[PDB]
**Student:** 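The structure is given below, and queries will be raised subsequently.
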Amino acid sequence: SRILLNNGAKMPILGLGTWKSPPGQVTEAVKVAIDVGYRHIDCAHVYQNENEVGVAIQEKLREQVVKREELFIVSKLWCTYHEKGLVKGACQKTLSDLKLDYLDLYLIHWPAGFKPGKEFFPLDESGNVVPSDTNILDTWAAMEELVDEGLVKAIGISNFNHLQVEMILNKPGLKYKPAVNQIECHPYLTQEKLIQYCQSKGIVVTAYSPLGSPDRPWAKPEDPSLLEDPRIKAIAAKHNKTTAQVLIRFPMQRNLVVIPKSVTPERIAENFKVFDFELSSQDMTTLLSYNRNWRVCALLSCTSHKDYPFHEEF
Ligand SMILES: NC(=O)c1ccc[n+]([C@@H]2O[C@H](COP(=O)([O-])OP(=O)(O)OC[C@H]3O[C@@H](n4cnc5c(N)ncnc54)[C@H](OP(=O)(O)O)[C@@H]3O)[C@@H](O)[C@H]2O)c1
Ligand SMILES: O=C(O)Cc1nn(Cc2nc3cc(C(F)(F)F)ccc3s2)c(=O)c2ccccc12
């Protein structure tokens with residue numbers, strides 16, 4: 001149920017996603033998740049609900065349902081806080097909202113820095129994102145400091161391409177290697193080269209949007225839909241499992257961590273019932289065959305940012 005990281009800690013391979021979970025619904029979602037066995041929650045300041053996740057964790061610690069050490073809480077540094085002088089503050093805001101005294105894992109959410117300010121997506125008058133003059137290595141150095149101060153137990157990255165990961169690995173005077181790279185991954189974006197790269201470097205990969213993020217705010221009717229894919233439905237029926245369970249089990253069998261999101265109590269429970277079956281070799285082969293290099297998360301207004309990750313092949 002857990003994978004070993006480079007800091008010696010164990011990370012649950014199944015966690016609960018919280019992007020697009022509205023504040024109060026998310027408090028109940030986390031309480032239910034904890035009750036049915038989730039021990040990893042994936043959070044972010046930019047999801048605007050960390051206080052409400054915090055409420056849930058606090059209450060279940062209080063109810064004596066779980067201990068803090070049994071939980072694996074992840075959050076992420078948003079793009080507008082990449083300046084070295086803003087990182088600790090950003091982390092401490094997350095810690096305050098989550099009502100925690102440490103995070104198990106803290107990620108650089110995206111490799112690009114954005115102009116500091118109240119707005120999470122600062123745009124100019126023609127709709128281009130406004131970058132900041134920050135770079136990956138300086139931001140990484142600031143993340144390292146959080147480990148040395150005890151605010152976070154591990155640090156890692158998200159939406160980094162292999163060249164961007166290499167920049168960190170090859171930093172002279174590197175203090176901590178990235179523990180995790182959290183990237184989009186599902187049957188329509190199978191990430192074979194980046195996953196190979198990362199695993200060969202002892203970096204654990206977490207798959208986000210494993211169900212294809214049907215609630216993403218920029219979905220178009222014509223877009224491919226994983227949960228509705230009749231080929232995957234047929235694989236699921238064969239196992240007497242739902243399509244969602246097949247989609248969650250798939251990355252587990254590639255030695256990935258996976259973080260499906262739900263605020264629907266029955267689905268929260270359903271998505272955790274994935275340790276009692278196995279996809280076969282043919283199933284695995286078939287699911288990888290559906291790759292189309294189709295991305296849920298890739299914001300158009302950021303495509304000219306110096307650090308845009310997805311111009312590179314991988
Ligand atoms: N690091 C990054 O840049 C990044 C980017 C995107 C996502 N992520 C993380 O990854 C998580 C997962 O990605 P995601 O939120 O994009 O989408 P996802 O987990 O692929 O899909 C969530 C959508 O699927 C629905 N759903 C969940 N379980 C279902 C089931 N059993 N049957 C049918 N529908 C189901 C949910 O509906 P209800 O909630 O209404 O039940 C919601 O609409 C996020 O929440 C976030 O924590 C990280
Ligand atoms: O962020 C999430 O967890 C999900 C996520 N994804 N996207 C697509 C993005 N594409 C990006 C590209 C860059 C870039 F690095 F390329 F500049 C930087 C930042 C982004 S946000 C969003 O637009 C978004 C908006 C609010 C909350 C979460 C998200």
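Numbers here simply count residues along the sequence, with the first being 1. All heavy atoms count here, side chains included; hydrogens, waters and symmetry mates do not. Read the numbers this way: they start at 1 and go in the same order the structure lists the ligands and their atoms.
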**Student:** Which compound from rivoglitazone, taniborbactam, dexamethasone, zopolrestat occupies the position given as ligand 2?
**Tutor:**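 Of those, zopolrestat.
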**Student:** Find the chain in most contact with zopolrestat and give its name from the PDB entry.
**Tutor:**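 By most contacts, it's Aldose reductase.
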**Student:** Ignoring hydrogens, just give me the one of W19, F121, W110 whose non-hydrogen atom is nearest atom 12 (C) of zopolrestat.
**Tutor:**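 Answer by nearest heavy atom: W110.
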**Student:** Mark up the atoms of zopolrestat that fall under 4.0 Å of a heavy atom belonging to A112, in ascending order.
**Tutor:**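 Those of zopolrestat that fall under 4.0 Å from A112 are 14 (C), 15 (F), 17 (F).
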**Student:** Just let me know how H109 lines up against zopolrestat, side chain, backbone, both or neither, with a heavy-atom cut-off below 4.0 Å.
**Tutor:**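 Side chain only.
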**Student:** Based on heavy atoms only, which residue from the UniProt active-site list of chain A lies nearest to zopolrestat, and how far is it, to 1 Å?
**Tutor:**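 Rounded to 1 Å on heavy atoms, the nearest UniProt active-site residue is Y47, 3 Å.
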**Student:** Tell me whether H305 has any N or O atom under 3.5 angstrom from an N or O of zopolrestat.
**Tutor:**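 It does not: no N or O of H305 is found under 3.5 Å from an N or O of zopolrestat.
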**Student:** Could you find the nearest protein heavy atom to atom 8 (C) of zopolrestat and give me its residue, atom name and distance?
**Tutor:**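 The closest heavy atom on the protein side is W218 CH2, 3.7 Å.
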**Student:** Counting each atom of zopolrestat from 1 as listed, which ones have a heavy atom of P309 under 4.0 Å away?
**Tutor:**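 Near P309, meaning under 4.0 Å from one of its heavy atoms, zopolrestat has 15 (F), 16 (F).
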**Student:** State the other ligands and ions under 4.0 Å from zopolrestat; answer none if there are none.
**Tutor:**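 Neighbours of zopolrestat: ligand 1 (NADP nicotinamide-adenine-dinucleotide phosphate).
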**Student:** Would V46 count as a polar contact of zopolrestat, with the cut-off being nitrogen or oxygen pairs under 3.5 Å?
**Tutor:**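 Not met; the criterion fails.
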**Student:** State if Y47 counts as touching zopolrestat under the rule of any non-hydrogen atom under 4.0 Å.
**Tutor:**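 Contact present.
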**Student:** Applying a heavy-atom cut-off of 4.0 Å, say which part of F114 lies close to zopolrestat: side chain, backbone, both or neither.
**Tutor:**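 Answer for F114: side chain.
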**Student:** In terms of atom number and element, which parts of zopolrestat are under 4.0 angstrom from non-hydrogen atoms of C297?
**Tutor:**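 It comes down to these atoms of zopolrestat: 4 (C), 6 (N).
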**Student:** What organism does the deposit give as the source of chain A?
**Tutor:**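 Per the PDB, it's Homo sapiens.
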**Student:** In chain A, which residues that UniProt lists for substrate binding have any heavy atom less than 4.0 Å from zopolrestat?
**Tutor:**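 From UniProt's list, the heavy-atom cut-off leaves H109.
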**Student:** Hey, could you tell me which residues sit within 4.0 Å of zopolrestat? Heavy atoms only, please.
**Tutor:**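 By heavy-atom distance, that gives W19, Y47, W78, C79, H109, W110, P111, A112, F114, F121, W218, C297, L299, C302, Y308, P309.
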